[PDB]
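Accompanying notes for the structure given below.
Numbers for residues simply follow the sequence, beginning at 1. Counting convention: from 1, in listed order, for ligands and their atoms alike.
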Amino acid sequence: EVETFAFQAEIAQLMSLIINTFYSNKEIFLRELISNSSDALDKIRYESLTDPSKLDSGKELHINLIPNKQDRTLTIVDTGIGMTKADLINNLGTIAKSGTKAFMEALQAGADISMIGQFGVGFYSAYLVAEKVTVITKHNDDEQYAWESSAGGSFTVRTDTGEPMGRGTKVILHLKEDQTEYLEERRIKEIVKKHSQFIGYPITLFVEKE
Ligand SMILES: COc1c(C)cnc(Cn2cnc3c(Cl)nc(N)nc32)c1C
Ligand SMILES: [Mg+2]
């Protein structure tokens, strides 16, 4: 049921740079993932204007932030367009190869990690704070899939059997032991107000019952 794939060499080199560089400004990961969710919501909204049945899988367009201190996870959920199996296995890595190479150029010349988003590879900044990332996703045209990687040069894809989503994407960050500040409600609110105040969809921060 689970298929294992190698990352393309450039992506693998990027993930190793991100994991093993000393860089203290790690909070930018959350800005980049919210920006990704916003773009995904823009895309389904646009598609729905000429085919309203694209929203039959769900009319709400929003972003939820869900910390869980018991599992040490931070989950970002959106109801955007989602990703197909072809996206997860090939398309995303292929479009990213070009920006990755330029980002690794931009860096040695005189750039810092915070500009990662300008090269279209902001997703990989998740590995600043995560030892593992799980992505659950459902596109209109495909089934529900789970993607997972602890970096390491490989990732897995499997059909997901968990609770159905309808449509969209769930990024689950399994946080490193020393990065648990991003589970605190005060800290998340500081980052969102600082970096994402002008996002055009409701962002709901769920509170923990613990
Ligand atoms: C499988 O994990 C990803 C990989 C390997 C590369 N980029 C993105 C960003 N990304 C691309 N499309 C995305 C959509 Cl439709 N939505 C979100 N929220 N992120 C996306 C994701 C989630
Ligand atoms: Mg809600």
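- In this PDB structure, the PDB entry names the chief binding partner of ligand 1 as Heat shock protein HSP 90-alpha.
- Drug identified at ligand 1: BIIB021.
- Heavy atoms under 4.0 Å from BIIB021 belong to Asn36, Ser37, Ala40, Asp78, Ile81, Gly82, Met83, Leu88, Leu92, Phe123, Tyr124, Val135, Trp147, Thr169.
- For chain A, the entry records the source organism Homo sapiens.
- In this structure, the protein non-hydrogen atom closest to atom 11 (C) of BIIB021 is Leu92 CD2, 3.7 Å.
- Of all protein heavy atoms, the one closest to atom 21 (C) of BIIB021 is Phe123 CD1, 3.5 Å.
- Here the heavy atom of the protein found nearest to atom 10 (N) of BIIB021 is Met83 SD, 4.2 Å.
- For atom 16 (N) of BIIB021, the closest non-hydrogen atom of the protein is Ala40 CB, 3.6 Å.
- Close contacts between BIIB021 and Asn36 involve ligand atoms 9 (C), 19 (N) [criterion: under 4.0 Å to a heavy atom].
- Considering only non-hydrogen protein atoms, atom 1 (C) of BIIB021 sits nearest to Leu88 CD2, 3.4 Å.
- The shortest N/O to N/O separation between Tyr124 and BIIB021 does not fall below 3.5 Å.
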